[PDB]
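First comes the structure, then the notes that go with it.
A, B, ... follow the sequence lines: proteins, then strands. Residue 1 opens every chain. Atoms within each ligand, like the ligands themselves, are counted from 1 in listed order. A restricted portion of the entry is shown here, and the contact count covers that portion and nothing more. Values below: every heavy atom of this structure, side chains too, minus hydrogens, waters and symmetry copies.
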Amino acid sequence: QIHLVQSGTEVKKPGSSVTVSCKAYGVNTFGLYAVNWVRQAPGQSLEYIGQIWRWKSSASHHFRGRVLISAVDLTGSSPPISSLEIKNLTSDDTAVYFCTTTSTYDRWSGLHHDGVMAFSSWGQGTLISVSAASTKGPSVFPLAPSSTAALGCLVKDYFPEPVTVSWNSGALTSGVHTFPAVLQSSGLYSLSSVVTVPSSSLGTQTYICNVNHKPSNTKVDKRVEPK
Amino acid sequence: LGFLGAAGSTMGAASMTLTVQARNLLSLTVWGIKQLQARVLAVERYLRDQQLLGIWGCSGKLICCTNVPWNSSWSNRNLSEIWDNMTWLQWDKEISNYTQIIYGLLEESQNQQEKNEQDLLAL
Amino acid sequence: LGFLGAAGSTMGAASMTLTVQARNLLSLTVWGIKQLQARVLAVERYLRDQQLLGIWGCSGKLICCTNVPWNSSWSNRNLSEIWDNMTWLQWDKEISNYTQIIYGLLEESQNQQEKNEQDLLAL
Amino acid sequence: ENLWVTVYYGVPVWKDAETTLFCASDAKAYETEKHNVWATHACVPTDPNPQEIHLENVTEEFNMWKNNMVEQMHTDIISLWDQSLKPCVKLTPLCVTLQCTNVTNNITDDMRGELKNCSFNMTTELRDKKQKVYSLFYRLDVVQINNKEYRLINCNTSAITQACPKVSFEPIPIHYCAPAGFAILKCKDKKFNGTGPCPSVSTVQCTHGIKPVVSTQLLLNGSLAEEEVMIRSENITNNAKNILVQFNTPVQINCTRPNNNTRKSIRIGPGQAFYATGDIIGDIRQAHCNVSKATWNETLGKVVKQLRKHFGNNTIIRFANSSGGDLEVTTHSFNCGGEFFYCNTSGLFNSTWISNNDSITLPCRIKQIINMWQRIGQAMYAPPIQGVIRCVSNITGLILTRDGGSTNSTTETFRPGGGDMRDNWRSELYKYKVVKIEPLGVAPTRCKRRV
Amino acid sequence: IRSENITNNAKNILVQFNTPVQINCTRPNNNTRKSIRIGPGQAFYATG
Amino acid sequence: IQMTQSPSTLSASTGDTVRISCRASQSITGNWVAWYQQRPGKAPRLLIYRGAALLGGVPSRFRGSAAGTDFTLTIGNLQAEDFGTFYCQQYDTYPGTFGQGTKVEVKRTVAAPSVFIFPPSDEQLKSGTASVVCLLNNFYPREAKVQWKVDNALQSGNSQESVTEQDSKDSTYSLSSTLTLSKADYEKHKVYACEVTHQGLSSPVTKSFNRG
Ligand SMILES: *[C@@H]1O[C@H](CO)[C@@H](O[C@@H]2O[C@H](CO)[C@@H](O[C@@H]3O[C@H](CO[C@H]4O[C@H](CO[C@H]5O[C@H](CO)[C@@H](O)[C@H](O)[C@@H]5O[C@H]5O[C@H](CO)[C@@H](O)[C@H](O)[C@@H]5O)[C@@H](O)[C@H](O[C@H]5O[C@H](CO)[C@@H](O)[C@H](O)[C@@H]5O)[C@@H]4O)[C@@H](O)[C@H](O[C@H]4O[C@H](CO)[C@@H](O)[C@H](O)[C@@H]4O[C@H]4O[C@H](CO)[C@@H](O)[C@H](O)[C@@H]4O[C@H]4O[C@H](CO)[C@@H](O)[C@H](O)[C@@H]4O)[C@@H]3O)[C@H](O)[C@H]2NC(C)=O)[C@H](O)[C@H]1NC(C)=O
Ligand SMILES: *[C@@H]1O[C@H](CO)[C@@H](O[C@@H]2O[C@H](CO)[C@@H](O[C@@H]3O[C@H](CO[C@H]4O[C@H](CO)[C@@H](O)[C@H](O)[C@@H]4O)[C@@H](O)[C@H](O[C@H]4O[C@H](CO)[C@@H](O)[C@H](O)[C@@H]4O)[C@@H]3O)[C@H](O)[C@H]2NC(C)=O)[C@H](O)[C@H]1NC(C)=O
Ligand SMILES: COc1cnc(-n2cnc(C)n2)c2[nH]cc(C(=O)C(=O)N3CCN(C(=O)c4ccccc4)CC3)c12
Ligand SMILES: *[C@@H]1O[C@H](CO)[C@@H](O[C@@H]2O[C@H](CO)[C@@H](O)[C@H](O)[C@H]2NC(C)=O)[C@H](O)[C@H]1NC(C)=O
Ligand SMILES: *[C@@H]1O[C@H](CO)[C@@H](O[C@@H]2O[C@H](CO)[C@@H](O)[C@H](O)[C@H]2NC(C)=O)[C@H](O)[C@H]1NC(C)=O
Ligand SMILES: *[C@@H]1O[C@H](CO)[C@@H](O[C@@H]2O[C@H](CO)[C@@H](O)[C@H](O)[C@H]2NC(C)=O)[C@H](O)[C@H]1NC(C)=O
Ligand SMILES: *[C@@H]1O[C@H](CO)[C@@H](O[C@@H]2O[C@H](CO)[C@@H](O)[C@H](O)[C@H]2NC(C)=O)[C@H](O)[C@H]1NC(C)=O
Ligand SMILES: *[C@@H]1O[C@H](CO)[C@@H](O[C@@H]2O[C@H](CO)[C@@H](O)[C@H](O)[C@H]2NC(C)=O)[C@H](O)[C@H]1NC(C)=O
Ligand SMILES: *[C@@H]1O[C@H](CO)[C@@H](O[C@@H]2O[C@H](CO)[C@@H](O)[C@H](O)[C@H]2NC(C)=O)[C@H](O)[C@H]1NC(C)=O
Ligand SMILES: *[C@@H]1O[C@H](CO)[C@@H](O[C@@H]2O[C@H](CO)[C@@H](O)[C@H](O)[C@H]2NC(C)=O)[C@H](O)[C@H]1NC(C)=O
Ligand SMILES: *[C@@H]1O[C@H](CO)[C@@H](O[C@@H]2O[C@H](CO)[C@@H](O)[C@H](O)[C@H]2NC(C)=O)[C@H](O)[C@H]1NC(C)=O
Ligand SMILES: *[C@@H]1O[C@H](CO)[C@@H](O[C@@H]2O[C@H](CO)[C@@H](O)[C@H](O)[C@H]2NC(C)=O)[C@H](O)[C@H]1NC(C)=O
Ligand SMILES: *[C@@H]1O[C@H](CO)[C@@H](O[C@@H]2O[C@H](CO)[C@@H](O)[C@H](O)[C@H]2NC(C)=O)[C@H](O)[C@H]1NC(C)=O
Ligand SMILES: *[C@@H]1O[C@H](CO)[C@@H](O[C@@H]2O[C@H](CO)[C@@H](O)[C@H](O)[C@H]2NC(C)=O)[C@H](O)[C@H]1NC(C)=O
Ligand SMILES: *[C@@H]1O[C@H](CO)[C@@H](O)[C@H](O)[C@H]1NC(C)=O
Ligand SMILES: *[C@@H]1O[C@H](CO)[C@@H](O)[C@H](O)[C@H]1NC(C)=O
Ligand SMILES: *[C@@H]1O[C@H](CO)[C@@H](O)[C@H](O)[C@H]1NC(C)=O
Ligand SMILES: *[C@@H]1O[C@H](CO)[C@@H](O)[C@H](O)[C@H]1NC(C)=O
Ligand SMILES: *[C@@H]1O[C@H](CO)[C@@H](O)[C@H](O)[C@H]1NC(C)=O
Ligand SMILES: *[C@@H]1O[C@H](CO)[C@@H](O)[C@H](O)[C@H]1NC(C)=O
Ligand SMILES: *[C@@H]1O[C@H](CO)[C@@H](O)[C@H](O)[C@H]1NC(C)=O
Ligand SMILES: *[C@@H]1O[C@H](CO)[C@@H](O)[C@H](O)[C@H]1NC(C)=O
């Protein structure tokens, strides 16, 4: 019943420090388990950061002198909790950090090779977004059809994520293709959500897209008109 | 010194103290039943590797050199990082994939110089 | 192939597969009692021919050549009609009259080159 | 450049492996005898000086809660008690109705029936004739059915088997030895909590002496922590998990049965005697255990200091007496010289601790019909001891328990608790791991057998 | 067909089918076990 | 050491057998190699360790294999739950290293997209920007590039693309390309065109529009 649960998504200034946590439920002690911290870049392969194996912590060559791994044992009310602190964040430190755990009690296991382990239990993801600029409202622009077609809505210059798009108060769902957001060159985000509908019904039915934004608390509803 | 004393020593330093471990592997109420199955279980377990050590030709030896090469795909390490660097437990965990292969080569190569020496005895 | 697979083969063809048979001869309720006398009965029966095979000098061997001749009154057959013609069971049934004679010559002739080699070690 | 396989025999490598450990008892029959419920005669002689080898360079991993050395000692003692209770009297003829009367009545105290004087009918000698006998029973072993009539507490649910009066009940230290080809790894750490790596390991042929003394709420005559009080729980955040404390210094507990009893024989059949209690010679006093008030007070402040390492440096820790259950789980029950006491340990656990000579008398009471613990429809009658009982022992730990409510509350309550004698064996065998030695190895050496 | 002595009437004959014949059967009564105490710590499991 | 998986994309249909390959820089004779499966929006998942050892609970359909320098994974009798990145790890030397990924997709059949071009929104124009978009819908073999021809001139260095995940029902893709440019330059240009090249079309189809 091992269930590692970590902190939530956070956005940090480029130069501050972070501390990711990972509460290990179902892990009896950290002297019988090894906690390794691996990180997955937005589109790269997982990269190993550091570990605490026998109450002695270590970090890989890249992160030596720049990362901190700590862990506390089973104590009264909480489980064993391990936390990773990253100092001097850079633009390339934004990735889904993972908490891992391997059972080291067995000496003939093969999940671990005398210091190096295979990761048998994984956390869930603690995506860290290191970016500049302040939170910006989700300004919406229309993708008005012009000459079966497919229309949609455009949202850009909004930050941070996420934004949920619903059409006609979330009534129509078939044909909705909300493309994932793409980071711009000015430290912002943009996306396009479109729906495909029969041409004959363009003027008969009105289509409205709902632009929701949690961090800014700004909800914008817009109506699209075929051209 | 002592039974298993060279357990954390590198492979090379623990090969000088074999006779310490080798001379220790042999040595109707509820107590009598469990004291009688401890004796039986200790002669059948000791005779299991005496028979094995005999189909390989190393009958009365603690170190026996065999006529089968290492194949270098079982472990591609030096002869110095193996004998002074790795303990016996580490080496066993590393070479545990090919013991059942090395063990079967050790006896199929012994009943081949047992017929070659049997053929050579007639000449 | 397999334990006793070369049972119907002539004596010659079944001498290549000795290690198949030799490696298989060792391996408190009503079930527990009869499982415990199967283990005991199987280590003593294995030690009866290890001791016998040791007073003859063939301790860790599956084929051992001895220093006692055949006497030609035990079996006056060729060396070709015996090794490719007769299976091991047939040969045993034929030579069963002189096994207790051959067995006693095998150990009285081994503790005679054990004193001859003991006398030769002083010179 | 080319290498050859060479086999070594007697290479140091081992694996964890459960096997059948046996006995070594140093205290064989030292010309004194009096066979007990245990080793004595049947347990193999122990070495005059055991060998301990300190495995340097080696860091093993111990888990005190997945140990099979204690799941095997648990069944070695249930079956040592069975094999000693089969060859003696079965008290099935004593399911008659008893005409019990209070021994004191208008004699002393509040007319309490701590003792009853019960007369019943039994067939002495011939199976036709039955004469009227009598014996002294405790109020804990007679159930009123309705100078009213009583009956034994047990014999509507369990079958009584009088303990054979020649076997002794005094625990004798037992060494649990391992066959040849196996070894026991001892964690020589002084601050060991039964889980995690032990960087200072050792190899022993078999364990130290382990008295098979079973008790509840308090571990008597056990082994002490070398440095500090040690708290060990399977899951320290679970209320259903017991906590095993271990004292660095023993707390002496004296107690007595000051009544000069007298055993008398009743013939329940041909060649079968029931050993009842005839009378009491002298004043009728109450049993009780004594613990020093100051020594307990300071030893209980060492426990609360370590309990603060797992429950916050700033928290109020209070001990309370046991909530409910059998008389053996709610009271400190032990066996002092063949007599089973159930002491009221409510004056010990009556404290409350906030973050910055005199004696305590515990009124024990005696029971004569004893049920088996992990439960069976079976019981044992312990014949009376003729004389005055007086034994002194060491308290070397506690078996505590927590109660739910530590989610919003800023306080912890620690009721004592026992009743499972598997937690009696792992307060002694927590530091022992059995391993099996694998002596064959291969390795490239650049030898070559000469043809 | 296998018999010790196929010409002796006192010898049983053991037939062996090449294909099994299925035999279904039931005790369609919904019984109920009830406990009777025949002694201290001894129950007789009768039918209620 | 560094592992090198191949192929990076291994689209296959359900019910067949699949085979991922993983070649390490040097020989791993101890079989210190484990296989992880990641699904979209989830954490990795161990399948095989010690070369070809099945982790408890994993379906017996997976079957690893070790060959000193060439380690493999066989997803025999593929279901729909075995689609996602497959990672290669080696714990023979410090530090553990991962491969790069092997995306397993569905086969279905080749389809063709339906391009739709849109003009810079009039409301969006007042903001000072004249971004334009190209939108394909319901195509396959990805392998799609958008050619942005402004005034019959090639444009590059100002286009951003976004491709959605494979559809669960029709197993179809999508793609959108956007040109971010200053509002003033939008008026200067005369004609805007988007060109798309896909294997599912006989010839590159171009849909354009005129300013206004
Ligand atoms: C059963 O019995 C067992 C035996 O007794 C018992 O085991 C004991 O358990 C306790 C835990 O309960 C153990 O104590 C813990 O040990 C952890 C391990 O710490 C090790 O590593 C750190 C870090 O070392 C790196 O850095 C230093 C330099 O700073 C280097 O020198 C190191 O080599 C190493 O550097 C490498 O790695 C770096 C990456 O980390 C690289 O960057 C670098 O380049 C290198 O590659 C060391 O500091 C520790 O040394 C300390 O102890 C030794 C010996 O005592 C001293 O000599 C030394 O001077 C140090 O004092 C050690 O080596 C600790 O991390 C852990 O600490 C946490 O808890 C304690 C209190 O419990 C705090 O004081 C501490 O600050 C940590 O708290 C933080 O973390 C927790 C958990 O995440 C958070 O919840 C908490 O809020 C807090 O967060 C805060 O701090 C963060 C910084 O860490 C910060 O970022 C946050 O934002 C926030 O502000 C603790 O001390 C003990 O060792 C065991 N005993 C034994 C013998 O093993 C077991 O518990 C028992 N069972 C039960 C059930 O009880
Ligand atoms: C915790 O551990 C301590 C010490 O290990 C135990 O203390 C022992 O308690 C038992 C039971 O009371 C004692 O045994 C009894 O001793 C009585 C008095 O002891 C005298 O005799 C002995 C032996 O000659 C002398 O060494 C001693 O100095 C005294 O002179 C005896 O009268 C008892 O005899 C009765 O029982 C025996 C055996 O059943 C019969 O053979 C007799 O005929 C008679 O019926 C009995 O021998 C023992 O002496 C104590 N030892 C010590 C060192 O004090 C605790 O009992 C133990 N606690 C628990 C809970 O386990
Ligand atoms: C007394 O309990 C039995 C009663 N009766 C039998 N049997 C009756 N007939 C047969 C064949 N067995 C028993 N067998 C094994 C028994 C046990 O081991 C057993 O449960 N404990 C022995 C140790 N201990 C005590 O000292 C004790 C200690 C502190 C307080 C109270 C009692 C606990 C319980 C057993
Ligand atoms: C020890 O007990 C605690 C309960 O006090 C267990 O912790 C729970 O674990 C489950 C399993 O995922 C979680 O869902 C709960 O949220 C946890 N609750 C608390 C309060 O921690 C823990 O798993 C137990 N330890 C072991 C090894 O089983
Ligand atoms: C328990 O009751 C019995 C009666 O059954 C008492 O025995 C009697 O005691 C008186 C006074 O000692 C004698 O005069 C009688 O002869 C006794 N009768 C028998 C049948 O023995 C016995 O004394 C009582 N014991 C206690 C401790 O109260
Ligand atoms: C023991 O048995 C005797 C009889 O053998 C019981 O004494 C009888 O009690 C009844 C009560 O109704 C009287 O009617 C009889 O006259 C009595 N017979 C006598 C005194 O000889 C006695 O009660 C029994 N005691 C028990 C069961 O404890
Ligand atoms: C109770 O504990 C005391 C320790 O305070 C025990 O006495 C010690 O016994 C050990 C050996 O058993 C000696 O090495 C110490 O020198 C003794 N110390 C003192 C102060 O006597 C005593 O034996 C214990 N009694 C038991 C366990 O019944
Ligand atoms: C317990 O009572 C018995 C009586 O049954 C006492 O034994 C008597 O002791 C006195 C002097 O000690 C002797 O004169 C008697 O002859 C003894 N009688 C018997 C039957 O033995 C015993 O001493 C008492 N024990 C204690 C501790 O007071
Ligand atoms: C328990 O009994 C022991 C003796 O069996 C007591 O030890 C005595 O303690 C006093 C202190 O007042 C010393 O003067 C004596 O020399 C001690 N006697 C022995 C034999 O050591 C101990 O005090 C008692 N403890 C309790 C709590 O009753
Ligand atoms: C533990 O101590 C408490 C109080 O010290 C006892 O609580 C009593 O419980 C009974 C129920 O049987 C109530 O009738 C009383 O009113 C309670 N007393 C108080 C003061 O609240 C409890 O009985 C004790 N239990 C044990 C096992 O010692
Ligand atoms: C054990 O001792 C405690 C206290 O010494 C007893 O607690 C008493 O419980 C009754 C009712 O349960 C209360 O009326 C008393 O006031 C309590 N006494 C004290 C001092 O608080 C307890 O009854 C004794 N026995 C058991 C079985 O717990
Ligand atoms: C636990 O200790 C407290 C105090 O240490 C005891 O409180 C007693 O409360 C009664 C209330 O009627 C007072 O009459 C007593 O004087 C108090 N005791 C003292 C020493 O002042 C409480 O009784 C104790 N409980 C148990 C079960 O022992
Ligand atoms: C046999 O009889 C028992 C009754 O003893 C049936 O058990 C009852 O089943 C009904 C519905 O199936 C429940 O509503 C009752 O609560 C059950 N009673 C008990 C005591 O279990 C049982 O279903 C019957 N079996 C068959 C095959 O008819
Ligand atoms: C090397 O050996 C290990 C164990 O000696 C192998 O691991 C086993 O793999 C099988 C394959 O399904 C599993 O069923 C076993 O559960 C694994 N071991 C254990 C202890 O469970 C490993 O596969 C071997 N390496 C290779 C490449 O085959
Ligand atoms: C060496 O090992 C390989 C690995 O399986 C094997 O294929 C080969 O037959 C072995 N023998 C030689 C001579 O390489
Ligand atoms: C193996 O031994 C040679 C002998 O000098 C040495 O040069 C080489 O570095 C060694 N290899 C390793 C991996 O240590
Ligand atoms: C039995 O006879 C057949 C036919 O000649 C022969 O091929 C076979 O080898 C014989 N048995 C054995 C064990 O070879
Ligand atoms: C024995 O072998 C010789 C060798 O040629 C042969 O001539 C002779 O016939 C053989 N004898 C028998 C009985 O086969
Ligand atoms: C244990 O490790 C230390 C580390 O230097 C070493 O000196 C020592 O020799 C090792 N133990 C043995 C038995 O060699
Ligand atoms: C014994 O004392 C108890 C105390 O309450 C009382 O209930 C009972 O009736 C008494 N029995 C006799 C026979 O006096
Ligand atoms: C002694 O007991 C009192 C209460 O009885 C407590 O307050 C005090 O802390 C205790 N002293 C020590 C040293 O534990
Ligand atoms: C003591 O209090 C501190 C609070 O700073 C806490 O961290 C620690 O765990 C507590 N226990 C100790 C230091 O043994």
piperacillin, pirtobrutinib, temsavir - which at ligand 3: temsavir
Largest contact partner of temsavir (naming from the PDB entry): Envelope glycoprotein gp160
Report the chain letters of other chains having a non-hydrogen atom under 4.0 Å from temsavir. D
What residues sit within 4.0 Å of temsavir, counting only heavy atoms? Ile77(D), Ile78(D), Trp81(D), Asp82(D), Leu85(D), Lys86(D), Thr161(D), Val214(D), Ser333(D), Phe334(D), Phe340(D), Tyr342(D), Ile370(D), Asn371(D), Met372(D), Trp373(D), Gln378(D), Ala379(D), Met380(D)
